[PDB]
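Entry featuring ZK200775.
Chain naming here is simple, since letters A, B, ... match the order of the sequence lines and numbering starts at 1 in each. Heads up: this isn't the whole entry, just a piece of it, and contacts are only counted within that piece. For ligands, and for the atoms within them, numbers begin at 1 and follow the listed sequence. Side chains included, hydrogens not; waters and symmetry mates left out as well; all remaining heavy atoms used.
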Amino acid sequence: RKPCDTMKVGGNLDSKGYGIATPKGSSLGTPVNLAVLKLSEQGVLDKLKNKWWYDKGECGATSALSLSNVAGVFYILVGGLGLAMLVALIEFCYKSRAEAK
Amino acid sequence: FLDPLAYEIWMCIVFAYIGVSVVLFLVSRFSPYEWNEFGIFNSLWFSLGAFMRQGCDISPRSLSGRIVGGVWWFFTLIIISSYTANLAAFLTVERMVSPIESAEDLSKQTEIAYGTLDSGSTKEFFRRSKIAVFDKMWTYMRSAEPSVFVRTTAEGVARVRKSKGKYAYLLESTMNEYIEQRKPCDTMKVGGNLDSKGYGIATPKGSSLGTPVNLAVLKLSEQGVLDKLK
Amino acid sequence: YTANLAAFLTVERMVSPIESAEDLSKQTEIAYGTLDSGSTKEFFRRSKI
Amino acid sequence: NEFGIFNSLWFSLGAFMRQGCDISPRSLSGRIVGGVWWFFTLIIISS
Amino acid sequence: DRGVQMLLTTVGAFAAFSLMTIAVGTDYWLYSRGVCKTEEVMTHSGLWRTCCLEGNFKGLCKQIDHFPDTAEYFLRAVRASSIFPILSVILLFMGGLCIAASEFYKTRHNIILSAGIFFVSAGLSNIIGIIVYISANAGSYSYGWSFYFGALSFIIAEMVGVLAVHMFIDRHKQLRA
Amino acid sequence: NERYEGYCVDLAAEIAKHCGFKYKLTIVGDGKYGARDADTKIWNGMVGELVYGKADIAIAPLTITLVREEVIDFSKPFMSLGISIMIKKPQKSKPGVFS
Ligand SMILES: O=c1[nH]c2cc(C(F)(F)F)c(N3CCOCC3)cc2n(CP(=O)(O)O)c1=O
Ligand SMILES: CCCCCCCC/C=C\CCCCCCCC(=O)OC[C@H](O)CO
Ligand SMILES: CCCCCCCC/C=C\CCCCCCCC(=O)OC[C@H](O)CO
Ligand SMILES: CCCCCCCCCCCCCCCC(=O)O
Ligand SMILES: CCCCCCCCCCCCCCCC(=O)O
C-alpha cells in the first residue's frame with residue numbers, strides 16, 4: 001500500500017494460522033473444514049490472496065561505478081572545452097580587429 | 001579488467017576523448033595569426049597519452065589549449081583514481097550473488113533448468129495449477145530434455161550438486177532446510193514457499209484421543225515447545 | 001585521495017542489511033518494538049528462546 | 001632520438017614504470033604499439 | 001586532395017543531421033521492463049514516449065512523466081526537455097547552412113570556420129545530452145538503435161568539424177601564399 | 001451482502017457455494033476478536049457471537065489459539081502466518097553531481 005516505503009525483511013519468527021470458527025457442536029464444522037481443504041488444494045485460497053494483496057496492490061512486485069558517480073567531472077570537462085573554444089574565438093576576433101584598419 | 005567501471009563510463013570516456021582531441025586541434029590550429037605541433041593526429045596522441053598518465057612530448061602553449069589540457073588532466077586523474085579505488089574495493093570484499101531469488105524469477109529466465117520429483121504432490125501442484133507463474137513452470141518442465149525429473153530426493157540433491165548452477169530442485173521446505181544445514185553445505189534454499197501445507201497427527205475415524213491431542217498440539221505451539229524443538 | 005576513495009567504496013561494499021531476527025538482537029542502531037498490548041507482545045514476554 | 005633496439009627497450013621500460021619519456025614514437029605504427037603498451041601498463045599497475 | 005573535401009563535408013553534415021534528427025524523433029533509446037499504459041513487459045522508452053512491445057497490447061505508446069534537492073529538480077527539467085539533443089540538432093542545421101552558403105560568398109572564408117565551430121559545438125551538446133539521459137535514467141536494460149544513432153551522429157559531427165577546420169586552414173594558407 | 005468486499009467476503013461466498021446455503025454478513029458490534037475476561041468468564045467479540053449462539057460461523061482472521069479452541073471448533077487453517085519484521089525501504093541514495 002502507498003506510498004510503498006516499507007519492506008518485510010525477515011521470514012516469520014513463529015508460526016500460527018487463521019481458521020473458520022463455528023459453534024462447538026454445529027453441524028457446519030465438518031463441511032466447512034472439508035470446504036477449506038478443498039479450496040486449499042484447488043489453489044482458490046492462493047488466488048484470493050494474490051487478488052487482494054497483489055492485484056489490488058498499489059505497486060509492481062552492480063558493484064561497478066556508475067556514470068552518476070562521475071557525472072560532475074564530465075560536466076566540468078565539457079564546460080572547460082566550451083570555455084576554451086570561447087577564449088580562442090575571442091582572441092581571434094581581437095587579433096582580427098587589431099590589424100591597423 | 002573493465003569491471004570496476006560501468007559500460008557507460010567507458011563509452012563516455014571514448015566520447016570525451018574524441019571531443020577533447022578535436023577541440024584541442026581546433027583551438028590550436030584554426031587562427032591564421034598563429035601561423036603549434038598540434039595537428040589532429042598529434043592532438044589525438046596528446047589526449048591518449050594524457051589519459052594513460054604517460055609523458056607529454058608537447059604541451060599546449062596558448063591559453064585555450066592550456067584550458068583544454070587542464071580539464072582533460074583533471075578528468076583523467078579522477079577517472080583513473082576511481083578505477084583503482086573501485087578495483088581495490090572489489091578485490092577486498094567478495095560478494096557472491098544468488099542468480100534467482102523467487103519463483104517468478106525461475107519462470108522468467110531460461111538459462112538454468114529446474115524440475116520436481118517424478119511423481120508426488122510437488123509434481124501435481126504444478127500439473128494442476130492455474131496460477132500464471134506455476135502455469136509457465138509447468139509449460140517449461142512438461143517438455144524438458146533431458147528429463148528434469150529425478151527418481152529420489154537423494155538423486156535430486158546429487159544432481160543439483162553436480163550441475164554448477166544450471167539446475168534448481170523444487171521440493172518441500174522442511175526437507176530443503178534439513179539438507180541445507182548438513183555437510184557439505186553445498187546447497188541453499190531461495191525465496192519463499194510457493195504454497196502452504198501442514199503436517200498433523202492422524203487418529204482413527206472416531207476416538208477420544210483426537211480431541212485431547214488437538215489441545216496438546218495447540219498448547220505445545222503456544223508455549224513455544226515446537227519452535228524450540230525445531 | 002585515492003586511498004580514502006578506496007576506503008569509502010570498500011566500506012560501502014561490506015555493508016550488509018538486515019536479513020533475519022537474531023540480526024535485530026545483535027545490533028542497537030535500528031530500534032524495534034511491537035504493539036502496545038496484544039499477541040506479539042505476549043509471545044515475546046513468555047519467550048523461552 | 002630514434003627507436004633503435006636499445007632505445008626501444010628503454011622506452012618500454014620507462015613506460016612500464018610510468019616514468020615519462022625522453023622520446024615517443026611519431027609514426028602510426030609506433031604510436032599503435034606505444035598506446036597499447038600504455039594501456040597494458042595502466043591496467044597492470046593499477047591492479 | 002581538393003574538390004572532394006567539400007562534397008565529403010557536405011555529405012557528412014547531412015548524415016550527422018539526419019542521424020541526430022531521427023534519433024531525437026524515434027523511441028528505441030532504451031529497452032526496459034516498464035509498464036505500457038496507465039504487470040511488466042519490455043518497452044521502447046525514448047526521449048518522449050515509452051511504448052509497449054511483445055505484450056497483449058503491444059504498440060501502445062504513452063508520454064513519459066519525468067516527475068513524481070535542487071540538483072534533482074534541475075536534472076529532471078534538463079532531461080524532460082531534451083534541450084541538449086535538440087540544441088545539437090539545431091547547431092548541426094546551422095552548420096549545414098554555413099557549409100551550403102560556402103559555395104556562394106566564397107570570398108569570405110570565416111563562414112566555413114563558423115561551420116566548423118557549429119559542428120564541434122553540436123558534438124559537445126550531444127555528449128552532454130547522452131550524459132544527462134543516462135544520469136536521469138539511473139535516478140536489466142539495454143540501449144536501442146536510437147541511442148547509437150545519437151552516438152554515431154556525435155562521431156560524424158566531430159569528424160566533419162575537423163574537415164571544416166582543415167579546409168579553412170587550407171583556404172587561408174592559399175590566401176597568404 | 002453486496003455492501004462489503006474483502007478476502008473474507010470472497011472466502012465466505014465460496015464456502016457458502018461449496019455448502020450451498022444463503023448467508024448474511026454481519027460485523028461484530030464490540031469490535032474485538034476474542035477474550036475470556038478472567039472474572040466474569042465472558043467471551044467478547046466473534047468468540048462471543050459463537051459461544052452465545054448470536055451467530056453461526058465466523059469467517060474473520062481469527063487465530064487458532066488454545067484458550068479459544070476449547071469453546072469453539074476451528075477448521076483447518078486457511079492461511080498460515082507469523083510475526084515478521086518491517087523496515088524502511090533501502091532508499092538507494094543518488095550520488096551527488098560533484099560526489
Ligand atoms: O485472533 C486475532 N486475529 C487478529 C488478526 C489480525 C489481522 F492480521 F489484521 F487480521 C490482527 N491485526 C493485527 C494488527 O492490529 C489489528 C489487526 C489482530 C488479530 N488479533 C488481535 P492480537 O491479540 O493482536 O493478535 C486477534 O486476536
Ligand atoms: C593557466 C592554465 C589554466 C588551466 C585551467 C584549467 C584547469 C581546470 C582544472 C580543474 C577544474 C576543476 C573545477 C572544480 C569545480 C568544482 C566546483 C564544485 O562543484 O563546488 C561546489 C560543490 O559542488 C558544492 O557541494
Ligand atoms: C593516435 C593513435 C593511437 C593508437 C591507438 C592505441 C591504442 C589505444 C589504447 C587502448 C586500446 C584499448 C582497446 C580496448 C578493447 C576493448 C575490448 C572490449 O571492450 O571487449 C569487452 C566486451 O565488450 C565485454 O563483453
Ligand atoms: C583515452 C581513451 C581510450 C581509453 C581506453 C578505453 C577502452 C575501453 C572501451 C570498452 C567499451 C566498453 C565495453 C566494456 C563494458 C562491458 O561490456 O561490460
Ligand atoms: C579506442 C577504443 C575503442 C573502443 C572499442 C569498443 C569495442 C567493444 C564495444 C562493445 C559494445 C557492446 C554493446 C552493449 C549492448 C547494450 O547493452 O546496449
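- Put simply, copies of ZK200775 show up as ligand 1.
- Bound to ZK200775 (ligand 1) with the largest number of contacts is the chain that the PDB entry calls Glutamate receptor 2.
- Other chains with one or more heavy atoms under 4.0 Å from any atom of ZK200775 (ligand 1): A, C, F.
- The set of residues with a heavy atom less than 4.0 Å from ZK200775 (ligand 1) is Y18(A), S39(C), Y33(F), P61(F), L62(F), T63(F), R68(F).
- The entry models no covalent bond from ZK200775 (ligand 1) to a chain.
- Closer than 4.0 Å to ZK200775 (ligand 1), one finds no other ligands or ions.
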